[PDB]
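Here's Prostaglandin G/H synthase 1 with flurbiprofen bound to it.
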2 protein chains.
Amino acid sequence: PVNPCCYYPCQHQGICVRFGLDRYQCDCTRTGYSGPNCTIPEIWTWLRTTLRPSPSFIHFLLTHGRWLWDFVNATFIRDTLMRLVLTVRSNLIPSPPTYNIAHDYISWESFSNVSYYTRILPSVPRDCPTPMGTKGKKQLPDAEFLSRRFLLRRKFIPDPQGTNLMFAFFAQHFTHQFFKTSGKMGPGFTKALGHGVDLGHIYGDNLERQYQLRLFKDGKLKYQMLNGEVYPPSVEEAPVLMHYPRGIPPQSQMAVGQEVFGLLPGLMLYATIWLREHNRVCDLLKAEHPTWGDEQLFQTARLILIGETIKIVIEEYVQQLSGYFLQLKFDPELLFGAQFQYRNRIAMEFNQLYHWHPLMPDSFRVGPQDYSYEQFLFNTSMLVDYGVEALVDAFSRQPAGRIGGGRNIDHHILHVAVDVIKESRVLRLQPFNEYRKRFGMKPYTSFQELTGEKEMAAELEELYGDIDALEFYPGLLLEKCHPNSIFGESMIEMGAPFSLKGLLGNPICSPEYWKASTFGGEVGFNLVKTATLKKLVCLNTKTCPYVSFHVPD
Amino acid sequence: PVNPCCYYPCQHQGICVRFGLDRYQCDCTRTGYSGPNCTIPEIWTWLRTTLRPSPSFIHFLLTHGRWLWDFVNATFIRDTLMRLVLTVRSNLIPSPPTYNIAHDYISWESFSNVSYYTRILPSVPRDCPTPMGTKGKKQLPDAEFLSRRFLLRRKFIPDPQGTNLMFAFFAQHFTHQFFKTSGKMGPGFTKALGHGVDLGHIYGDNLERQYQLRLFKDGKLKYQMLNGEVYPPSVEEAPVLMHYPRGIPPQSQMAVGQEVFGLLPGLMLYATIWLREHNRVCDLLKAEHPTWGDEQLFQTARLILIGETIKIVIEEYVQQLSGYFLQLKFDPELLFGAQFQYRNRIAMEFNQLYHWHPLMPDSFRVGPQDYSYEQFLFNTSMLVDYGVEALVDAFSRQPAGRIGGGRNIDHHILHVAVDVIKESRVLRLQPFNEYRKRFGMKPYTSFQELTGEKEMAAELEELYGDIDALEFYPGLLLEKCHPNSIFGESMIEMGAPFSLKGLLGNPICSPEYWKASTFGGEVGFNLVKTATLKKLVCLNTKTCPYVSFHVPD
Ligand SMILES: *[C@@H]1O[C@H](CO)[C@@H](O[C@@H]2O[C@H](CO)[C@@H](O[C@@H]3O[C@H](CO)[C@@H](O[C@@H]4O[C@H](CO)[C@@H](O[C@H]5O[C@H](CO)[C@@H](O)[C@H](O)[C@@H]5O)[C@H](O)[C@@H]4O)[C@H](O)[C@@H]3O)[C@H](O)[C@H]2NC(C)=O)[C@H](O)[C@H]1NC(C)=O
Ligand code: HEM
Ligand code: HEM
Ligand SMILES: *[C@@H]1O[C@H](CO)[C@@H](O[C@@H]2O[C@H](CO)[C@@H](O)[C@H](O)[C@H]2NC(C)=O)[C@H](O)[C@H]1NC(C)=O
Ligand SMILES: *[C@@H]1O[C@H](CO)[C@@H](O[C@H]2O[C@H](CO)[C@@H](O)[C@H](O)[C@H]2NC(C)=O)[C@H](O)[C@H]1NC(C)=O
Ligand SMILES: *[C@H]1O[C@H](CO)[C@@H](O[C@@H]2O[C@H](CO)[C@@H](O)[C@H](O)[C@H]2NC(C)=O)[C@H](O)[C@H]1NC(C)=O
Ligand SMILES: CCCCCCCCO[C@@H]1O[C@H](CO)[C@@H](O)[C@H](O)[C@H]1O
Ligand SMILES: CCCCCCCCO[C@@H]1O[C@H](CO)[C@@H](O)[C@H](O)[C@H]1O
Ligand SMILES: CCCCCCCCO[C@@H]1O[C@H](CO)[C@@H](O)[C@H](O)[C@H]1O
Ligand SMILES: CCCCCCCCO[C@@H]1O[C@H](CO)[C@@H](O)[C@H](O)[C@H]1O
Ligand SMILES: C[C@H](C(=O)O)c1ccc(-c2ccccc2)c(F)c1
Ligand SMILES: C[C@H](C(=O)O)c1ccc(-c2ccccc2)c(F)c1
C-alpha cells in the first residue's frame, strides 16, 4: 500500500504516525482540535478562529494611522503589544526542538546532537508518489530554469521601504553566526553550535579559534594599527583558519570569528566595528573592576556585546524590516510572567528563508566611485583604503533591492538561489501550502493568488502542475509583497516566529541572567539598554558619518 | 588588601561583585530583598518568611498521621501537593546554569560548554585568608584522618527505613549516567554530556559507542545467550572501551553503556535488565509499526525507557528514600501551568552529595552464601552463575546501610570518602553553612547542634575551630538524622532541588514531547504511565522473585 502520511491528513500541528500495514493515526494532543484528522474545533479554538482577523488585516493595522500609534507608543500599550507579539509568534516554534534531517519524529539524538539543523515540519517521506507529496508531477521544475525565468533580475527593483546596504551587510554579518552549513557533514548540518546570537562570527565556533584571536590582556582581542586606525589582526598574528583566495599575502589577510568574512568588505566592515566595540567595552570594565582578570574581562564584555546585538536587532533591524508603526522594544522583563523556554535551535526552513540575495545591487557606490562585483568581491585593500567612516556612510546611502516580488537577484549571485532550491530537495522540504497551514495562514488555491498577477503565475501552473506542489523557497520569493513593502506575507508570518524566538530565546534574556551583575554592574547593563547602530559606529570612529538601516531622504 | 567577597556578605542569593580596590556590591535582583547586603525584605517576602514553617515541621507532617494522608492520596490534594513539591523545590536551582570551576561569574562559556559541571554557589576565592573564606584555621583538617575518626564503620548500622541493597545498586547504576567525572580533564569536568536521565549508561555517552552496542535490526541492542537467558554481549562482539582490571581479556568482558559497570555484579545486573527491557519494548513496537525502520524503533524504545526510569524513580525510588506518607506521582502535566525550564545541568555539589557509600554492607548475601568484598568486587561469573531472578531476590532482601549519622562506611570503599573531601578542596567549595543558607535553612551555631551527640562534636570543633568552617560532604554525613530516617535534613533540603529539576527537566516532560506519538502511540505511553521496578524485572524474567526498594517485614 501507499504511505498515507504523504497526503498530510493531520491538521493544525497534529502528528502523522503510521500504524500497521496500510493505516495511520493523528495525534491531536494540544492542537486545539479533535477527530481523526484534527479538524473538529474545541470550544476555545472555535471561539478564537471566527474572531481572529486575517494576517493581512493585522499588517494593515500595524502600517496605518500614525496618530493612534503615537499614542500607543507613548503608553503602557507599547509593552502589552510587544509582549503579545513575542508570545504569539514564538509559540509556533517547538521548544524543545522536534525533528531533523535524519529523524522525522521525536528522539534523543534529535534533542542532544546540536550539530543538526532542526525542522518544524517533517520531510516529505522517501516513499511518496510525487517529490512534494501527492500533488504535482513526478519531476520538479529545473532549478536553473526556475531561477533564470523567475528570480533573475532584469532591471533593478529598489526596496520601497528605503532599506540600505548598511542593513544588507548587517543582515548577512548577523545571520552568518547561526547559519554555518557544514562542508564535510553535508546539508542539514551546522558548524554554528551556539544556535543563535552567540557572536561566534566574532569570537569563533570553538575555543581553539577564540584563544588564538584573544590578546589575553585586559580581556581584549588582538588588533593591528593601520594608518592610525584599529583593524582585526593579521593571520600571522592570529593563526586561525580563514577562507581566502590562494595567493593573497598573509599580511593582507585578517583574522576574525567567521571564516568567510574576508570575502566581502561589507562583512569585514562590521567584524572590525564589533572588534573595536569589544575592546572599548573592556576599557570600561577594567576601570570599573581593576582587580578583574583577563578571562572575566573577556567573558563579561562578550555578554554585553550579545546584549547590544539583540537590542539593535529588535529595535532597529526588525523595525525597518517590518515597517511597523509600533515602536518595537527590547525588554526581556516582558516574558517573565509567561511560559517561555529560554533555549533555541536553528531550523533549516529559517536557513532557507533568510536567503535575501535580492537585497544586493548591480554595483557598489562609494562616493564619486562605482565598484562592480569583480572589483568589490575578495577586495582586501578597500576597507583599509577608505576606512570605516567613509564606507559606512556609503552603505547607509545606497538603496537595497526588493526581496519579494520575484526577478530581483543580480546575475552574479544567482547561482546561490539555484543551490537553495537544490538543497531544499535534498532536505525534502514540504510544499509551500503545508508551511502556510503550519503558520496559521490559508493555503493558496491558485497560482494567481500567490503572485497577484496574470503572466508569471500562468507559467508556473504549467511547470508545477498543482498549487499544492509549489516549493518552499520559490513560493516565498514569488509571493506578492504587502503595499509598498520588501516582501510578502509568508516572509513575515513564517520568519518572525523563528526570528523573535531566536532573539528572546537567548539565555541572557532569562530571569537568571538578566541582572546588572552579569554585565559587571550598572555601566555594562546600560550599555545593553541604550545600544544603537549610531552609537556602535561613532563611539568607535574618529568622525561620525551617516549611519542607519534606511536611506537618507 | 582583603577580598570582601570572602566574608560572603550578600545574603539570600545576592551576587558579590568586586568594584574598585577593596569595595563590594551585592546584586539584590529578584531575590525579594533590597539594601547593601540583600537583608531588607520586601513586603511579600516578609509575609512569606514569617508564615513559612521549618523544614523539620514539614518533615514531621509528611511522616506522621496516616489517617489524614489516606484522605489526601485519594483526593486531588495529591496532585495539588505534588505540584507544589515539584515547583517549590526545583526553583531553588538556577536555570539556565550559572557557574563552573573556571568562572565564579555568569558567562556564555559556562552556558555553552557542556563538559563543565555547574555549581550553585561560587568557589572560595583564591586570595582569601583561610581556605574556607575567613573563618576556621589556616590549614584544613586532614582528609585521611577525618574519614578515619568519623566516617569509618565500626559496627554495621542498617537503615531504619528498611532500604535494601536493590535500592543501593539502582542508586549507583542510575547516578552513573549523569555523574561521569573526566579523570583526564580533571575535577569539575564530565563525560556525561546529556546532564541527566539520558540513559548514557545503557546506550553510551557518545554516538560511535552507541552504534557499536546496537544490533541494527528491529531497533535492538546486541546481546549474547548464556544458559538460555539474555545477557549483554562481549567486547569481542561489541568492541567498546571497558574499564576492567589489568589482565582480563576483552572476550571475558561484557559490553554496556557505562565503562565502569563491569567492576560490580550489581551494576552489571541492572545493565542486563534495562537491555532486556529495551529489546522487549522493541518487540511491542514492531508489532504496531511493521513499516518502521531500525532507527525509529531504537529511538522510540529509548524514550519509553527514559519515561520508565523517571516514573519508577519518582513513584518508588524517591518514595522509599523520603518515606513520605504522601503517595508521590509522576505526571509532567502538573507543571504545564507553571514557569519551568525543561533543561538541566548537573551540579558538582550534587555529585559530592550523592556519594552514598554508607549504603554498602559488611558482606554480600546471596541466599545460602555470604561473599566478601574481595570475592564480590571485580566478579565475572556471579551474575551468569545465579541469574537475574536469583540476584534480584538477593539484593532486595538484604538491608542497606544508613547513609547519615556517621561511622557507617566500610573500610574497603572508605578511600572514596577521602577523595571526595580532597576533591572539594580542589573545587574550593563553600562551607556547609553557606549551602544551608542557599537552601533555605538556618546556619548551625555549633557542632553540638549538628551532630545531636557530644563526643564527635567536640573533636570536630577542635579540628575545624569553627562550625562555619565545616565542609560540605563531612557536614552532610555527620549531621543528625531525622528520627528513624536514613539521613538528616540537609541531604533532603539540598538534594531534592537537584534531583527533581533533573527528572522533570528532561525534555520528555515538556508539553511538546509529552505526547502519545513520541512513544509510538498509546502502547508505549502506557508503559511509561504504568512502569514499576517489579514490572521492569518480572516482565523480563522466567519467574518473578521478591523485587522491591525495601526489605520484607
Ligand atoms: C570546555 O572548556 C575547556 C577549558 O577548560 C576546554 O578544554 C581546554 O581546551 C584548551 C584549548 O582547546 C586546552 O589548552 C590548554 O590551555 C592553555 C592556555 O594557556 C594552552 O596554552 C596555550 O595553548 C595555545 C593553543 O591553544 C598555544 O598557542 C599556539 O597555538 C598553536 C598550537 O596549538 C600554534 O599556532 C602556536 O604554537 C601557538 O603558540 C599557546 O602557545 C599556549 O601554549 C595549552 O594548550 C593547554 O593545553 C586545555 O588543555 C583544555 N582544558 C582541559 C582539557 O581541561 C574544552 O575544549 C571546552 N569544550 C568545548 C566543547 O569547547
Ligand atoms: C553579493 C554578496 C553575497 C555573496 C557573494 C554570497 C554568497 C553566498 C553563497 C555562495 C552561499 C551558498 C554556499 C554554497 O555555494 O552552497 C551563501 C549562503 C547564504 N547566504 Fe549569501 N551571499 C551574498 C549576499 C547575501 C546577503 C546580503 C545575505 C543576507 C542575509 C545572504 C544570506 C545568506 C545566508 C543566510 C546563507 C546560508 C549560510 C550558510 O551557508 O550556512 N547572502 N552566500
Ligand atoms: C561496593 C560498591 C561501590 C564501590 C566499589 C564504589 C567505588 C567507587 C569508585 C572506585 C568510584 C570512582 C572514583 C570516585 O569517583 O571516587 C565511585 C564513584 C561514584 N560512586 Fe561509588 N562505590 C560503591 C557504591 C556506591 C553507591 C551505593 C553509591 C550511591 C549512589 C555510589 C555513588 C557514586 C557516585 C555518585 C560516584 C561519582 C561518579 C564519578 O564522578 O565518577 N557508589 N565509586
Ligand atoms: C579594490 O578596491 C580598491 C578601492 O580602494 C580599488 O582601488 C581603486 O580602484 C579604482 C579603479 O577601479 C581606481 O580608480 C582608484 O584610484 C583606486 N583607489 C585607491 C584608493 O587605490 C582597487 O583597484 C580594488 N582592487 C582590486 C584587486 O580589484
Ligand atoms: C482524513 O484524511 C484522509 C486523507 O487521506 C481523508 O481521506 C479518506 O476519505 C476519503 C473520502 O471519504 C477517501 O476517498 C479516501 O480514500 C480516504 N483516505 C484514506 C487513506 O483512507 C479522510 O476523508 C479524512 N477524514 C475526515 C473525517 O475528514
Ligand atoms: C551527531 O551527528 C552525526 C549523526 O549522523 C554524527 O556523525 C556521524 O557519526 C557516525 C558514528 O560516529 C558516523 O558513522 C557517521 O559517518 C557520521 N556522519 C557524519 C559525520 O555526517 C556525529 O558524530 C554526532 N555528533 C555528536 C557531537 O555527537
Ligand atoms: C475589504 C474587504 C472587507 C472585509 C473586512 C475584513 C476585516 C476583518 O474583520 C474581521 O472580520 C472577521 C469576520 O469575518 C473577524 O473574525 C475579525 O475579528 C474581524 O476583524
Ligand atoms: C493591533 C493588534 C495587532 C498586534 C498583535 C500582533 C499579534 C502577533 O502576530 C500574530 O502572529 C501569529 C503568530 O505567527 C499569527 O498567527 C497572527 O496572524 C499574527 O497576527
Ligand atoms: C503538607 C506538606 C507539603 C507541603 C509542600 C511543600 C513542599 C515544598 O518543599 C519545601 O521546599 C522548600 C524549598 O526547597 C523547603 O525550604 C521546605 O522545607 C520544603 O518543605
Ligand atoms: C505552624 C508551624 C510552626 C511550628 C514550627 C516549629 C518547628 C518545630 O519543629 C517541629 O515541630 C513539630 C511540632 O509539631 C515536631 O513534631 C517536629 O518533630 C519538630 O521538628
Ligand atoms: C515584530 C514583527 C512581528 O512579529 O510581526 C517581526 C519580527 C521579526 C521579523 C523577521 C522575519 C524574518 C527575518 C528576520 C525578522 C519580521 F519580519 C517582523
Ligand atoms: C520528594 C522529597 C522532597 O522534595 O522533599 C525528596 C525528593 C528528592 C530527594 C533526593 C535527595 C538526594 C538524592 C536523590 C533524591 C529527597 F531526599 C526527597
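By convention here, the chains are lettered A, B, ... following the listed order of sequence lines. Here chain A follows the PDB entry for its numbers: 32-584, in order, are the residues you see. Throughout, chain B uses the PDB entry numbering, with the displayed residues spanning 32-584 in order. The basis for the numbers below is simple: all heavy atoms, side chains too, and nothing from hydrogens, waters or symmetry mates. Each ligand, and each atom within it, is numbered from 1 in the order the structure gives.
The full list of places where flurbiprofen can be found here is ligands 11 and 12. Counting only non-hydrogen atoms, chains lying under 4.0 Å from flurbiprofen (ligand 12): B. For flurbiprofen (ligand 12), the residues with heavy atoms nearer than 4.0 Å are B/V116, B/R120, B/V349, B/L352, B/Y355, B/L384, B/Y385, B/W387, B/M522, B/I523, B/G526, B/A527, B/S530, B/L531. Among residues UniProt marks as active site in chain B, the one closest to flurbiprofen (ligand 12), with its least heavy-atom distance rounded to 1 Å, is B/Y385, 3 Å.
Checking heavy atoms within less than 4.0 Å of flurbiprofen (ligand 12), the transmembrane segments of chain B hit, in UniProt's N-terminal numbering, are 4.
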